[PDB]
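The model presented next includes carfilzomib (bound form).
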Amino acid sequence: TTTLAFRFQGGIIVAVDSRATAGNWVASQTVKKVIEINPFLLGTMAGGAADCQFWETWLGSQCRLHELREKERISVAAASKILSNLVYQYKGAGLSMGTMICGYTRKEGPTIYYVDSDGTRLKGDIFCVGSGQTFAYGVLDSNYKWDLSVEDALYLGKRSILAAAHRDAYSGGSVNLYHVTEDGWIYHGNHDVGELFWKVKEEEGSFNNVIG
Amino acid sequence: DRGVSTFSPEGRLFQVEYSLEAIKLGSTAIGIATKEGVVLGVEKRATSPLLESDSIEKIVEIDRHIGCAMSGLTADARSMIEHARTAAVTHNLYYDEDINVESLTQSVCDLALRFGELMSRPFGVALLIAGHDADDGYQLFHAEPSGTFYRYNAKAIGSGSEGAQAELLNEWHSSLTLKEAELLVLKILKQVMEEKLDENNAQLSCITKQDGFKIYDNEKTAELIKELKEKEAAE
Amino acid sequence: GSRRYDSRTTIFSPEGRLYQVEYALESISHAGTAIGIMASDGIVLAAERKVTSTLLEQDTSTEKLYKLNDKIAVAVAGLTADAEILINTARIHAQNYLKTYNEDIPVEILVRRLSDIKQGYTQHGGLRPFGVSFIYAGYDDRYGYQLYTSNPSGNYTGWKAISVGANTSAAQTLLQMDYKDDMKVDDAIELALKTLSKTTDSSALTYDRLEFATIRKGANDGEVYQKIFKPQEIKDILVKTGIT
Amino acid sequence: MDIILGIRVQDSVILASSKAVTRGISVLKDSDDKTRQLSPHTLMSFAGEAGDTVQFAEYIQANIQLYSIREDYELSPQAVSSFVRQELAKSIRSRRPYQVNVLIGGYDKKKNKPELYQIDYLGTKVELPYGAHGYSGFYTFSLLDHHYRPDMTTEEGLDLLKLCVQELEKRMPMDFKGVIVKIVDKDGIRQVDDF
Amino acid sequence: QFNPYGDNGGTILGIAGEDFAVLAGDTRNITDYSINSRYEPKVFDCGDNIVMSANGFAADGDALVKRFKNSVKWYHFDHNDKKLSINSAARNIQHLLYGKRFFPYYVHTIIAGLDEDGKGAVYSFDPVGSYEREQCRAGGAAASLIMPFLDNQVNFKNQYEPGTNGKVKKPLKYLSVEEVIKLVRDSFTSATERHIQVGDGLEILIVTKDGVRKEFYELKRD
Amino acid sequence: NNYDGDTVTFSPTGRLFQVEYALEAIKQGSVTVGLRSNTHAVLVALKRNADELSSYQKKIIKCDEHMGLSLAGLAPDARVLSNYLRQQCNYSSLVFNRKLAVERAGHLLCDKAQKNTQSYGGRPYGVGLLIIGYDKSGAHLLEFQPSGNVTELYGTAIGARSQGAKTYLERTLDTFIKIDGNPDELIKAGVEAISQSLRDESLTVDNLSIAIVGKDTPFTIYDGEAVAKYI
Amino acid sequence: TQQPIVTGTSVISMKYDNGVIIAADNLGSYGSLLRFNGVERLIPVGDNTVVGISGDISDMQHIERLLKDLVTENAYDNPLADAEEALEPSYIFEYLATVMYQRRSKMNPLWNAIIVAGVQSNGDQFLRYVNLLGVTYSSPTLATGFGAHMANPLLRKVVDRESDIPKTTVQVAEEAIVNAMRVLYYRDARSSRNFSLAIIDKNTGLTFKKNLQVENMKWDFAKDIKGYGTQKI
Amino acid sequence: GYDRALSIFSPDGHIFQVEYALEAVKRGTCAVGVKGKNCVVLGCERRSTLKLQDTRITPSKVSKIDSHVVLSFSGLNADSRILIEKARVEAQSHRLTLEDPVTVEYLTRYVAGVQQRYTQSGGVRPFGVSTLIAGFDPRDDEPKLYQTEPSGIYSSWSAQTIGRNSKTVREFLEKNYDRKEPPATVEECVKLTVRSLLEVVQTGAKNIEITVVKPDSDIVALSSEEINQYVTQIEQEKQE
Ligand SMILES: *C[C@@](C)(O)[C@](*)(O)[C@H](CC(C)C)NC(=O)[C@H](Cc1ccccc1)NC(=O)[C@H](CC(C)C)NC(=O)[C@H](CCc1ccccc1)NC(=O)CN1CCOCC1
Ligand SMILES: [Mg+2]
């Protein structure tokens, strides 16, 4: 899978691919790897499909219970730590999860937390997760600056997933884009790689390795 | 002494009947159901003027589509609310949908008779559970410590209940608007309350399909109190 | 069923008192007097034995003064068997703390733990409370010399001088009269024995009636020594102070 | 987590801990602080298996902070190190042990002395003038055996630490992305922002 | 050593139309190179206009269907005879499957029916309960043979408008029930030719607003 | 008197007063009627309201496709016992692929109620039940009392003023037993029977509750305008 | 987890127009040793059901006791125990299938393959299989072990599909079963000559046949077989 | 285990064990809480029947739950320790999982929930304790003061008192405390707290304890001499 999230001047960009595999069998090209926990919180999924879907859906329930009890939106820190403490209980049992918890709150500002199934929890500005993470990192790190336009940042996230979809055999299908602000997350569409690749090739003049 | 789960010669559980007496001593809570929404209002009843009245939380959210008002030993309600919230969220987790208002009420009422020699006594609090679902629409339920619940078009509980219920008998009709129901709760609360009704010692709330469960601001309730005074003076 | 025979040992009276705690305190008021006095250079523990018989083997006997560790001792007033249950628990707690932190347990932490055990018997479990009051005499490097007392309620407080058991009202008045803050161990020894000598229900105070102990930072090269007095040594200090 | 170093000088304890967090093929982060303040004059650095390290460190932190509130008093470094050791010695015979190695650097306010304790995942405790966990010590102990004196200043301790880090940057295969350095003395804990 | 799992073969197929849905499965049941039965029903009417099949290890499949059927019964009891929607059924099945995360049900599950807007719905599950709604899904032994064909013929993948160079895709359409059944029959005839574990018979359950209808067709018995 | 403090105590004349006090809670409950022919079995229940603003308390509960009951007394106890019946019906289906016999269902309820009458701490159930069903030996009607006593009957009634309906059925016995292959006439006889237990109040549209089970008829409950036909 | 010790081989069965037939040999093998020669592996339950069991014999004897106890339990507080509330083949099967799957799910199976043969109340033929894994299936013919490989092909020539069942008489069906048992004696190394056969008919009831033998065997051609290729004498 | 229902309803709808626990609170030494504009002050009575005490080591009446929240009480002293310990544990547990210290309202709600649980659990009696919980939420400058009681009800107070003769001091505070303009400074708030205790205490400065809590974990306990200066100034103004 390839998933990424990064912080910049205008908030957070989150982009993921849509492929599910069973070994070399391509099980699906239409999976949703972003979960919308609330209007200010997003979760990304990489690893076991069931593990990710079940526990991130469960996380949504625990975040909802927090706001009923405390009359206040859960912090990104607290939400990420609920998931990391849960997987830590299951450590050694064989769960497979690589996730990013991305959101805005007034007290924290825009925040990204990496959480995985061996128990690691890390705050940071940039993360790429999954089988195709290295390919995304290659494009992302070279064109990254703090002060991209929202338009340029959305494109870079889209382009980094495209890069990984191309090179990584276990990533592909389509690109789902999100932008997180003060006012919440905004969906910026599903982009099929079968059309996007050729569009990007022509307009950008990239992918000169391919017969086009 | 005597068993906690003992029947009286009339065929009633002593402890359940005695808990109903505790509920009569509690502050008044009123609920009115309409086709435009369900309104829930309470008497706050601060024991002293130094007590910051906004911290009196007798109206409570269970889910976005289900609200709750209480009367009696209000400390006992916290674990009931916690169960209701968990039951509502858990059902959404298992079934990807809102939980029915009746089913939620039934879950709360299953706790009630779990007492013996489990908890050591029944709950000393009654609840008005108000909500909306797609199947049966806008609903109001009265949940007792007996484990029984009744659906109501309108219902009062607490110290002024029998006086308030007789008034709700005359005033309620099937064509009531939401604005009309708000004023009607404020009217009946003002009638049964010891102290003079204002925005600081009484609280309104409602549940609509569009906006869900909302506790009203003190500024919003103040305007509805001013609107009530003028319309009563009008004839 | 069994409900019929339950005394209900952990309930409030209408006045907001714990019946069994109050009645346990009444039991303790008949027990032999124990006095603790804290000085600048040490602590004294003095206590009166209850069972005067010429045939009691005194030199091997211990009803009042018990050692908890090298730094902390207790004087008992109440049921001796109840006290020994608590004493052994306190000895274990001290060694658990030493094992964990590699430092001797601070006096207050030991006192709080025992006092919490007593509290539990008043709030849950349906058992009778322990019919014991302790005077704790101890030293640590934070607060130095400390005197505490605990009673069956589980409440504890700190003291410069204190009495428990019989005639505490009379004893506490006499201590309040003659105690001063700049006082020393030798003076506190004399005060403890004089207070028992006046409050005692017996005709005269003798060596065979007393258990006596001191905790001094007057050991060789700045250490703390616990001295549990032998019968002959109690007899000598009675002659020295001028009581016999 | 890779490199954690400690050095006890005249009037302070200095802890240096690497910034890299690496999972398999990728360096996920290059600014990771591998330490927790246990009390105002006691700092614990840590390294070992992913997840276990932070979970253990924060668990110890919570317990020492609980003790501090209850007694209104700061435990000595020796007492904190003995508590930590017992937790690890208990852990090693569990269903799933904590795979975490730690250094505890503290300033004892009673004795007016810096103290450095090295404890491994088995619960093996030693007090040392200088310490390291993992492959670091294979390079750094020989250096410190040559250059260390007990009466060194904090500035001399930092220079001696630069000489350790330079050697590790020259000879170790992994890029550990530099170190965060923290000093523990009579005035508390502070971070050296430029290293 | 005792192996608690087995492989009973078989293949299943769900296709969603505009106002209908089908769930088809072959009726052959096998172990190794033996045929256990030529007609052992694998697709089941579970009530509330929902059809289900859990293909793979038949004992786990039967157990799961049995537990879901029971879940529908208790959903009626506990929520005033309310109709279990297909989306709600799917989430319930995820919890049934993930409940045995560390000793899984060795099956690939497909359910079919109508959503709350009356439109055709097919949901698909992995052994430990990850799920997704789709227009198309095949599961089981010959899934690898059938799915690419469905991508091509149901979702019109790799097909373009003639004369547009290759820039206008074939536009997506809902298929009629007659057209879907033709694709189902050809899928299973093709799978039977090339997969040894597929054959004997084809049983199709069709779900509309009017209810659940059945159709049966012979397949090759070799 | 001195022997009614708990369920574990016999009185000097061999009586269990707590059980008898539980039996009293049934007599305070609203009336419900049960009757059957050879083909069908019918429950008819008079539902009770708190006041004019309130709903009418539901009296009939479905246990399986072929079995269900009506209640009189403490409704939460009917919920506990009906849930137990639902589970036992369900166990029979899942393990033995067998619809639970109505006679065996009665035996299970009896034994569940009994345990509460012999042990300390617990209390008897405060509710009476009329179980109807259609199984492999045809139509059945049972009466459950929380003493543990379960009885198979052609017809009966329980609750307040239930003696009136019970006498009518005792006269009508020879007529209504013969109503085979005619559900509407069997319900008519049940509605006419429950009418003998009414005083002051009469059968309105949201007051009446009817249920039926039979040969080619699943257990179904009729409320609201569905029972206007029979008023 | 265990291993089977004393074992029984094939159980074979089929439906015919008015009922079902089931058969199994009387052997309990101890690996290659043909240890016990008088073991009954068809166990009747009432007058309408026969349970045929292969695999571990200790586990078979356990199952036999469960079924015996099931009859006792069904009679309790049941005035119609010998009539409308008698045990059915479908009830007996579902019970065993539940037990088998529960035991495999605890990683402690009953190491058997079971065929429940019978006739229901309404006259319908019942024939269904269950094994140590809890796997279940029904077919006009059913067989365990070697019988699956050798008996089913022969029995399927008589009843190839559902529509062939009314066309098959009891004489034809029994003949096919008896021939199949002979073929298994020729070819299964853990079989015996002696066997038991049970017919459950909707009209004539349960007929249980003991001490049957495989007969009309062909061995005469053996005299003409010499060497393994080139040997002439 | 001992399962006996000690807290039960009586015919008039009262739970006597809960009401008798309030009587234990009535017996306890007086405690008072007053919140200013930028502070909260907790005043406590020390009964002077006990002299020859060691004031260094005797359990102080105000207890820190965390660095930013304090708890005082009236009632059984031994019972109060159990609530304080549980509250301290929960404060650290909240920091561990939420990565944020407790709000004053949250800590109050927890302590109150423990008190409630002991009114409907078998084999236990209610706590003979009412608490005043005071402090400042993290990164917040608005003062917080809450009260709990044996039943488990809790609420927020501009000012409040509990314990023996609390009726008298509540009377004083109801006329002297203005909501529109509270004690603007630390001095004004401490003075009003000492004044209110001087209505009941009937002795100089050894019987009064004061603890001032300010924003950002700034908690300090006043000494005897500092309090004695307030006592001197109040009575010199009173002589007029
Ligand atoms: C694409 C990516 C790089 O792998 C990315 O991480 C995605 C992210 C998901 C979609 C959120 N991950 C997957 O696609 C996983 C990869 C993976 C597989 C197995 C274990 C861990 C990770 N894919 C799945 O989880 C897969 C989704 C299905 C195909 C829709 N499910 C399985 O492979 C499934 C369950 C595996 C399993 C079993 C027991 C415990 C835990 C996990 N296995 C099968 O269906 C087995 N087999 C049956 C016959 O057909 C082939 C597959
Ligand atoms: Mg690729």
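Each chain gets a letter, A, B and so on, in the order its sequence line appears, and its residues count up from 1. What you see here is only part of the deposit, and the contact count is restricted to that part. Both counts, for ligands and for their atoms, begin at 1 and track the order of listing.
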message: Just curious, which ligands or chains go with carfilzomib (bound form)?
response: ligand 1
query: Which macromolecule is the chief neighbour of carfilzomib (bound form) by contact count, per UniProt?
result: Proteasome subunit beta type-5
- request: Give the letters of all other chains that come under 4.0 Å from carfilzomib (bound form) at a heavy atom.
  value: A, E
- prompt: How is the binding site of carfilzomib (bound form) composed, by chain and residue number, at heavy atoms under 4.0 Å?
  reply: A:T1, A:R19, A:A20, A:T21, A:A22, A:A27, A:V31, A:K33, A:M45, A:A46, A:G47, A:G48, A:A49, A:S131, A:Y170, E:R101, E:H108, E:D126, E:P127, E:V128
task: Starting from atom 49 (C) of carfilzomib (bound form), find the nearest protein heavy-atom neighbour and note its residue, name and distance.
output: E:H108 CE1, 3.4 Å
query: For atom 46 (C) of carfilzomib (bound form), is the nearest protein heavy atom closer than 4.0 Å?
result: no
task: Specify the protein heavy atom at minimum distance from atom 17 (C) of carfilzomib (bound form): its residue, its atom name, and the distance to 0.1 Å.
output: A:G47 O, 4.1 Å
query: Which UniProt active-site residue in chain A ranks closest to carfilzomib (bound form) by heavy-atom distance, and what is that distance to the nearest 1 Å?
result: A:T1, 1 Å
query: Which atoms from carfilzomib (bound form) have a heavy atom of A:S131 less than 4.0 Å away?
result: 3 (C)
field: Element-labelled atoms of carfilzomib (bound form) that are located less than 4.0 Å from some non-hydrogen atom of A:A27
entry: 29 (C)
task: Just need the protein heavy atom nearest to atom 52 (C) of carfilzomib (bound form), so name the residue and atom and give the distance.
output: A:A22 CB, 3.3 Å
query: Can you tell me which residue and heavy atom of the protein come closest to atom 5 (C) of carfilzomib (bound form), and the distance to 0.1 Å?
result: A:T1 OG1, 1.4 Å
query: What protein heavy atom sits nearest atom 43 (N) of carfilzomib (bound form), and how far away is it?
result: E:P127 CD, 4.0 Å
task: Check whether any protein heavy atom sits under 4.0 Å from atom 19 (C) of carfilzomib (bound form).
output: no
field: atom 31 (N) of carfilzomib (bound form) [closest protein heavy-atom partner, distance rounded to 0.1 Å]
entry: E:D126 OD2, 3.1 Å
- prompt: Nearest protein heavy atom to atom 42 (C) of carfilzomib (bound form), by residue and atom, and its distance?
  reply: E:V128 CG2, 3.9 Å
field: Protein residue, atom and distance nearest to atom 14 (O) of carfilzomib (bound form), heavy-atom basis
entry: A:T21 N, 3.0 Å
message: Can you help me out: which residue and atom, if any, share a covalent bond with carfilzomib (bound form)?
response: A:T1 OG1
task: Compute the shortest N/O to N/O distance between E:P104 and carfilzomib (bound form) and return yes if it is under 3.5 Å, no if not.
output: no
- prompt: What name is recorded for chain E in this PDB entry?
  reply: Proteasome subunit beta type-6
query: Counting only heavy atoms on the protein side, is anything nearer than 4.0 Å to atom 34 (C) of carfilzomib (bound form)?
result: yes
message: Any of the residues UniProt assigns to bortezomib binding in chain A within less than 4.0 Å of carfilzomib (bound form)? Only heavy atoms count, please.
response: A:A49
Between the protein and carfilzomib (bound form), are there any N or O atom pairs that come within less than 3.5 Å of each other, and if so, what are their names and distances?
unit_1                   : atom_1 : unit_2 : atom_2 : d
carfilzomib (bound form) : 6 (O)  : A:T1   : OG1    : 2.4
carfilzomib (bound form) : 6 (O)  : A:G47  : N      : 3.0
carfilzomib (bound form) : 12 (N) : A:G47  : O      : 2.7
carfilzomib (bound form) : 14 (O) : A:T21  : N      : 3.0
carfilzomib (bound form) : 23 (N) : A:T21  : O      : 3.0
carfilzomib (bound form) : 25 (O) : A:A49  : N      : 3.0
carfilzomib (bound form) : 31 (N) : E:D126 : OD2    : 3.1
carfilzomib (bound form) : 45 (O) : E:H108 : NE2    : 3.0

